[PDB]
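Opening notes on alpelisib bound to Phosphatidylinositol 4,5-bisphosphate 3-kinase catalytic subunit alpha isoform.
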Amino acid sequence: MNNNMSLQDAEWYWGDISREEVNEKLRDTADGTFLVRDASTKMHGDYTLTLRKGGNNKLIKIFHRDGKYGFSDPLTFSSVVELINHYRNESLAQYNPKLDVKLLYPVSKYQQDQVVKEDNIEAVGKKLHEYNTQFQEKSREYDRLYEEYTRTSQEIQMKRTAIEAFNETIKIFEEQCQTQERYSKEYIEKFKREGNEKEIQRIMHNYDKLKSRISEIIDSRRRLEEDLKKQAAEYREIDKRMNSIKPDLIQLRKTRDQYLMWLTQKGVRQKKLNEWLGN
Amino acid sequence: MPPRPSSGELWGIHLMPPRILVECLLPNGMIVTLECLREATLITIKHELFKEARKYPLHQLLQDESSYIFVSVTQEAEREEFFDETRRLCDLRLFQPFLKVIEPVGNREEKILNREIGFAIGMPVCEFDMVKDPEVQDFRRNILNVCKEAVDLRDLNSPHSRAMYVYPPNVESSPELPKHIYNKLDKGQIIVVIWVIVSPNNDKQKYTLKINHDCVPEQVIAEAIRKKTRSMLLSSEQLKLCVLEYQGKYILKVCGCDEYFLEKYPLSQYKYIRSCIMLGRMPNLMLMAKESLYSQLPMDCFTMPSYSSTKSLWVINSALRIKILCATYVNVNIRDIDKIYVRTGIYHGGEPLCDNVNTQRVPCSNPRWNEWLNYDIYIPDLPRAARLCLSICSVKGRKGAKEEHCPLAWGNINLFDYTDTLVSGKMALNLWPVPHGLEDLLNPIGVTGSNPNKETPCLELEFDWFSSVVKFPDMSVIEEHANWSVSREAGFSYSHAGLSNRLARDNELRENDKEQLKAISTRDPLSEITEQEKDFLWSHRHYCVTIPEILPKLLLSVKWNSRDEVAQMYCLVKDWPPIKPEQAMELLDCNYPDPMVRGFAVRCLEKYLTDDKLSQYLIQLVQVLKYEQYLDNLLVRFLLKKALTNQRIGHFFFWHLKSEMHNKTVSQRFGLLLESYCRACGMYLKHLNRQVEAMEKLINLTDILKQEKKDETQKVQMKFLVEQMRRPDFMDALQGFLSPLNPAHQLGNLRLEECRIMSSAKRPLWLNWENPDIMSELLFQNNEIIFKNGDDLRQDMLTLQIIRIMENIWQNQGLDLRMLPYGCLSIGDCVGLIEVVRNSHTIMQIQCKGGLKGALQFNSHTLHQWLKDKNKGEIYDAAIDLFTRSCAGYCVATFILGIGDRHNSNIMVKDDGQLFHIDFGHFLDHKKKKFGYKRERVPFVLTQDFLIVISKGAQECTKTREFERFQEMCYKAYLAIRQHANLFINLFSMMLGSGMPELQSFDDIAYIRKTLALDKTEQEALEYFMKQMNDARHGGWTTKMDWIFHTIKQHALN
Ligand SMILES: Cc1cc([C@@H](C)Nc2ccccc2C(=O)O)c2nc(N3CCCCC3)c(C#N)c(=O)n2c1
Ligand SMILES: Cc1nc(NC(=O)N2CCC[C@H]2C(N)=O)sc1-c1ccnc(C(C)(C)C(F)(F)F)c1
């Protein structure tokens, strides 16, 4: 719909990027974000429109034969914007009925202050360094936090196991108390009726041993349940600390990947990107 | 009641004190404290107790001690009665050291078995009896059909069939000997040695045969009979009748191990015999009467256990709507998180069946939605394997107009149960933690079903009601609907080639069509399949039968959210030609959830998968069990029957399932499966218990050395190890059991003078056993196994498996690249075994023995000088050639797989020159997932050392004729694997749900697309490989100043 529309300033021209480089750029973005890579046909020509409808990218191969540019035989378009770009205005249902949505948010290279927000020219030339240093520091913090999380998960599960073993152990010592009163009562009434007094205290003394044992085990479960409550709370706090770092860590990884193309103007040296980018 | 937290003899205690106090609760109410030895048997303790018990009140009330048994609480929270009283106290897994005296009730043999089973599977079988889930109780009963069916197939052809189960032939998959193995023979003949134990005194007698490699064991026996009775004066007619009568009265066995030649395969196809051709080794077999073997065979007795109005989906005219009610809690800081919301989606494998649907946003402290979600799908369009994938997602937006979403906890749900019933009513689902590294909002590859851990966020749902039970229609109704929709949709006019050609004419037999279906089927399984190619494949679905291995890509081209299309796909798969297993296994991964497809995949395995290949792919076939919708399925019934009729398969079936019993996502599925295997495998369960108990002693002993004794010296730890393995409870368990690495090897008495703790930080145990075979002097007099507790061995297990398949591909193409995939079995959470390679040393050990005292920088010729000293004279050229072909195969294998840090510490060489790599653990270049660079410059350190060996010591090695031959091996081998790139993608793809960090998503597997140059042509790939190897050289200007720490002297160049 213009006078002359060029090929370079288009948001979709990526050159010779592979399939994996497309996965990074098309993820969780708004309607209207698309890109092109080299076609699966070994010939030069194919441009790809990628629309997000229901959170999915539909792949539609444009078979390329002869030195013309288009969709299918015969490739008879007149501009690349008619092929891919003009869909931003009208509905995209003419292209494929599986993408009945428009195109609203464009990630613009020239809207720099919307993504590249450093004020002075000296602060910009470090945003890749600052974003990558913030990623590696907060990733290893989440790594350290996740290792406490999995470890505390195991220890908490073991305490629940040890608690169920106490409950059944206490269940068994309780039966021994109720079994002793069944048998000894027919005898404690008889050893008083038979003048025997050593035997009376031995049965009482033996029930005192059983008394002291049960009391010590219940206290041992109590101290375990007390420790379970406190570590289950320590667990919930470990989860809170991760669930607050997780959404910040996701963006820093995408932000650093976004700024991979931006540092072209402040081009940090090649092998320097083996220390200015991490190690 | 779970598995065990620790492998210790008491809760919180690794080792019982040599004498321990035991609370005893007598039946008369009295309580007796009794000091017992930790190694005391329950027989002894009960005897001592009842003598001590006379000193206590009401002592006359007790019966004889033979009328009572012990009951106690075990660390698995189980109330275990101890009928088998031969067990030592320290091996009871007691929670607290107490014992209650009770009168035994019930079947003694039944309860002894249920403990042996629960011990072997790592989980008390009483926990299964407690589950209310009808699908669990239905699986336990119904799977016994597979068990009985297999036990009959064992005892049908007794006693030969029982010998086939116990001792299955260890053969290659093909009898055809490639010509480079045939020419290693002597005009196609091999010299075998037949041994016989002639006895009143157990003397050994030798007969040396010289026979063709095609001989069946009966003919080898017959030729032995001939050579024996030639000196015995006999008429020709009697001799021809003597050989003919007694050739089938004997069997042959390998000397040293329990590998028999029980079946009529050609001799060279037996793995032991073909190996002796490769190595140039003298085969030593042992002939025994067939009846002497049938007497050893234990009587396998299998006992049946104790536990042995619907409207159609297609008439529900309504759209799918699910209710998200509320969630119990989410762990977020209300000040740092704005709101939360439940995000949903209906999936079929990995692809959504409609647009994902989100709930409204609600505050975190009050997670209640009460919100019906309406989906873009009609109830009759739901595929059989349709699922609901959901998650609770938090959102925080503190910077500008950009917003941050994050998943908190997730859960998946099958929309039909195992009885084909559409879910209805209220349903509470316990969510799962977000996996590490996952940043997506939904997780369609994770396990379906509620988190068994019920102390987690619990999301309540509600499903729609239709005033009747809704069932997925029967297969007869689905096929009938497709017949009148497959010729009503596909076959209109010719103009249907330019709008949506899924309605075109059905006879387009052009070449442009036929040659595109050929190119599509040959693309790797990870390549993008576009919307036309989906429409194009589907439009020519009826011709795809002529190229049947395109079935994976056609199945990804079906519109699974349309019952009309799916039904037609069902009829196509119903009659689909079976394809090779290497392609049917792809239909069993996470990408193909439909039952009808997986059925086909299993029918191809029943038809083409040999027991040797099933043993080759057993890892992957167990892994994909996690992707089955239900407990009772065709894949597990095929795998269970196969393990129940081949004890070599059932051994590794057990261990690989056992190995994952710590992973609570599958511990119930594998538990129920391991139970039904154990309950029916026959006598092998006993052999396994000796193995399981043997490992627990090693786990407990290594826990101590890694925890308590970590701060002690090697000499003090070694002192501790010796005294521990001499205790009676250790000598009983760690002696006389079958090596889990290879059950053909018997482990006898420990050679304690050779056992040691290895210097590495994980405290590996170097263990040595005698071989109790009567011919142990001819095979392995020593069985050496390394036990390691601390490292994950699954990568080492996978890499070694892959290496073995690469070696097969090169053998079938005439490339003799000798690999050494040593044994490596993972027996649990970061613990497993490693087979030792006798007479082999690391490159560093050979340079440390070179040498020159205090070398700092090793000389490049020490390795070649060591080989000259080990292979002087005529055997030099055979050793250099073996080093060349062995180095070449690993070079390509380590490049394709991305195994890093190849140096003198993890590359080993046998005395005869064969090289092999050890210690993998990290492949597919997964350390660089955090930095980005997948190719820089890491020159191979040992180039110059290996170049000297390959070039036989020439001064200028790069210009030798031998090195040019070496390059061609790697070039030919690399392309050979590249030609089979679909298999290795398929194998790694089957391992996605295992939980290995280097193998989480399909993007992790994508590394081998680059190393195999799958987006190039064959010539561009070879040029790419020569460039990657050229970059990875190394030469004169080496900064070699130190070898221990690798310090670098000056020349910093700054
Ligand atoms: C003699 C030799 C040569 C090479 C490289 C430098 N050279 C070639 C290798 C193959 C084919 C051609 C050449 C060729 O440049 O002519 C070599 N590389 C190795 N690795 C592992 C895989 C990734 C590269 C580095 C290992 C090991 N492990 C190894 O043993 N190597 C042995
Ligand atoms: C397959 C294999 N074969 C061996 N053989 C000898 O070590 N031998 C052979 C006799 C002497 C002794 C030696 N050269 O010193 S070691 C080995 C292996 C495989 C994988 N990992 C390892 C270690 C050492 C890293 C582990 F895991 F055990 F700690 C070893």
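Chain A corresponds to the first sequence line; subsequent lines are lettered B, C, and so forth. Throughout, chain A uses the PDB entry numbering, with the displayed residues spanning 322-600 in order. We number chain B the same way the PDB entry does; the residues here are 1-308, 323-1068, in that order. Numbering of ligands and ligand atoms starts at 1, following listing order. The way this entry was determined, per its header, is X-ray crystallography, 2.9 Å. Only heavy atoms go into these numbers, but all of them, side chains included; no hydrogens, no water, no symmetry mates.
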**Request:** Point out every copy of alpelisib in the model.
**Result:** ligand 2
**Message:** Can you tell me which other chains reach within 4.0 Å of alpelisib (ligand 2)? Heavy atoms only, strictly under.
**Reply:** B
**Asked** Which UniProt domain in chain B is home to most of the residues around alpelisib (ligand 2)?
**Response** PI3K/PI4K catalytic
**Non-hydrogen contacts within 4.0 Å of alpelisib (ligand 2)** = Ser774(B), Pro778(B), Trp780(B), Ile800(B), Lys802(B), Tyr836(B), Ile848(B), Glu849(B), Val850(B), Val851(B), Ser854(B), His855(B), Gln859(B), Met922(B), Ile932(B)
